[PDB]
**Q** 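Quick one: structure below, then a few questions.
Numbers here simply count residues along the sequence, with the first being 1. Note that ligands are numbered from 1 as they come in the structure, with each ligand's atoms numbered from 1 the same way. This entry, so its header tells us, was determined using X-ray crystallography, 1.0 Å.
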Amino acid sequence: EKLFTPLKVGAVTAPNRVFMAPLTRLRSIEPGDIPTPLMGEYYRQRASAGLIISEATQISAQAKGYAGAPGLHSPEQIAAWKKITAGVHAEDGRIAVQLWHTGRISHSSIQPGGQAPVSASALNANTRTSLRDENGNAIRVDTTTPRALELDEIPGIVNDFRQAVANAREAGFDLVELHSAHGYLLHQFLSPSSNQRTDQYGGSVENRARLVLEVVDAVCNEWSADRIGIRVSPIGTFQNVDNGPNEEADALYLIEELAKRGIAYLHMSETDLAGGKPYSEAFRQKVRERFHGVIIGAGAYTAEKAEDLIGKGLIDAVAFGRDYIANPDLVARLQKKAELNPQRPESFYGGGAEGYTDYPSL
Ligand SMILES: Cc1cc2nc3c(=O)[nH]c(=O)nc-3n(C[C@H](O)[C@H](O)[C@H](O)COP(=O)(O)O)c2cc1C
Ligand SMILES: CC(=O)[C@H]1CC[C@H]2[C@@H]3CCC4=CC(=O)CC[C@]4(C)[C@H]3CC[C@]12C
């Protein structure tokens with residue numbers, strides 16, 4: 001089956017098209033937002049993936065929106081991630097780091113100085129984030145109303161993405177994935193629903209896409225375009241962030257701009273976990289004719305759907321999320337048509353080994 005055939009993805013070659021989606025698990029050490037040996041073990045268990053895309057990782061301390069999410073900005077974080085990439089490479093895997101700034105999906109209590117988080121504009125996300133209680137357990141909390149970034153703060157954001165990509169190179173990641181989806185900072189600028197700015201970073205689609213394209217250019221210049229992927233969720237609503245009244249045209253504009261940079265891949269998150277409308281094959285064809293790198297699809301895929309769309313030439317790979325949580329050897333299971341392990345969603349976020357490294361292989 002095409003699912004188990006190789007694929008060139010920028011600077012690396014995936015041996016199969018079964019990718020591990022980025023999956024926030026909120027198990028990092030605080031203080032310091034530091035990856036752990038347990039996280040290293042979890043990723044090593046999944047190293048047969050065509051590509052592992054890490055959990056979303058902070059570009060800076062300001063980027064933090066969830067207690068337990070790791071960073072890639074401090075020396076201690078870099079040191080810990082080096083162990084994780086080494087372990088994946090020891091098993092002949094490939095790993096990309098997903099890099100985010102959460103923007104307004106955050107809480108003042110985990111921001112520098114205990115201050116309001118930042119965004120394109122000053123309106124509340126009307127979403128929940130996850131903090132930790134006094135015993136270290138994950139709890140759901142309402143997001144804090146953000147402050148609009150000043151114009152003079154925007155270059156610093158771009159620089160933080162640049163620096164985090166430099167750090168990713170040092171840490172031995174194979175690729176980086178920019179988190180431009182799911183209502184986080186880059187998507188907050190992209191969407192008219194979250195961006196009411198009247199300067200060069202809001203209004204028109206060109207203005208709304210300006211920040212993400214500055215970030216893409218900065219990180220391509222820092223490392224290489226064949227090391228850079230981007231995740232978008234440009235059709236539908238994700239965590240209360242829609243894509244405005246011209247979502248298809250605006251998506252195609254962004255994709256045409258991304259193509260000019262010659263980046264490694266475009267990762268399309270197709271639906272929110274709470275549901276959304278399917279992509280049409282016509283839209284997939286419009287994306288395909290505008291982007292000349294790898295296209296990854298995600299969002300409640302089955303192997304059957306993946307094989308269908310890869311066979312139709314519309315996408316190149318599929319990222320599985322929850323099936324990868326529950327099946328470290330998902331590749332082997334799909335190749336052999338074996339049953340999958342049951343999921344335990346109660347242990348997706350926070351905690352320890354249970355519901356993390358205790359899902360068995362065949
Ligand atoms: C526990 C959990 C954590 C997730 N964390 C992230 C994340 O860090 N970054 C991201 O872009 N998407 C994240 N997602 C979305 C997944 O990458 C993926 O889009 C989602 O799993 C839908 O696909 P599925 O039906 O294969 O699980 C997460 C999803 C879940 C279930
Ligand atoms: C509603 C709620 O409990 C929050 C707390 C942690 C949140 C998740 C944290 C990780 C995450 C990252 C993404 O990019 C998509 C949304 C998700 C998957 C979030 C969905 C909403 C969650 C589950």
**Q** What's the chief chain around ligand 2 in this model, going by the PDB entry?
**A**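 Most heavy-atom pairs belong to pentaerythritol tetranitrate reductase.
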**Q** For ligand 2, which of the listed compounds (desidustat, progesterone, propentofylline) is correct?
**A** progesterone
**Q** Hi! What's sitting within 4.0 Å of progesterone if we only look at heavy atoms?
**A**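 Residues with a heavy atom in range: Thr24, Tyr66, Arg128, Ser130, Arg140, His179, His182, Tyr184, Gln239, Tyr349.
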**Q** Show which atoms of progesterone fall inside a sub-4.0 Å distance from at least one heavy-atom site of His179.
**A** 14 (O)
**Q** In the entry's source annotation, what organism is given for chain A?
**A**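 The deposit lists Enterobacter cloacae.
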**Q** What do you reckon, does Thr129 have a nitrogen or oxygen under 3.5 Å from a nitrogen or oxygen of progesterone?
**A** no
**Q** List the closest protein heavy-atom neighbour of atom 8 (C) of progesterone: residue, atom name, distance to the nearest 0.1 Å.
**A**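 Among all protein heavy atoms, the one nearest atom 8 (C) of progesterone is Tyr349 OH, 3.8 Å.
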**Q** Among protein heavy atoms, which lies nearest atom 14 (O) of progesterone, and at what distance?
**A**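 Looking only at protein heavy atoms, the one closest to atom 14 (O) of progesterone is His182 ND1, 2.9 Å.
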**Q** May I ask you to check whether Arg140 has an N/O atom sitting below 3.5 Å from an N/O atom of progesterone?
**A** yes
**Q** From atom 22 (C) of progesterone, is the closest protein heavy-atom distance below 4.0 Å?
**A**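 So far as the 4.0 Å threshold goes, atom 22 (C) of progesterone is out of reach of every protein heavy atom.
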**Q** Provide, to 0.1 Å, the distance between atom 5 (C) of progesterone and the closest protein heavy atom, together with that atom's residue and name.
**A**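 Heavy-atom neighbour on the protein nearest atom 5 (C) of progesterone: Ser130 CB, 3.9 Å.
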**Q** Looking only at protein heavy atoms, which one is nearest to atom 6 (C) of progesterone, and what is the separation?
**A** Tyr66 CE2, 3.7 Å
**Q** Starting from atom 4 (C) of progesterone, which protein heavy atom do you reach first, and at what distance in Å?
**A** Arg128 O, 3.9 Å
**Q** Among protein heavy atoms, which sits nearest to atom 19 (C) of progesterone, and what does the distance come to when rounded to 0.1 Å?
**A**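 Here the nearest protein heavy atom works out to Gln239 OE1, 4.0 Å.
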**Q** Can you tell me the protein heavy atom closest to atom 11 (C) of progesterone and the distance?
**A**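 Looking at atom 11 (C) of progesterone, the protein heavy atom closest to it is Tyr184 OH, 3.6 Å.
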**Q** Give one line per pair: atom of progesterone, protein atom, distance. Only N/O to N/O under 3.5 Å.
**A**
{"from": "progesterone", "atom 1": "3 (O)", "to": "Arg140", "atom 2": "NE", "distance (Å)": "2.8"}
{"from": "progesterone", "atom 1": "14 (O)", "to": "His179", "atom 2": "NE2", "distance (Å)": "3.0"}
{"from": "progesterone", "atom 1": "14 (O)", "to": "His182", "atom 2": "ND1", "distance (Å)": "2.9"}

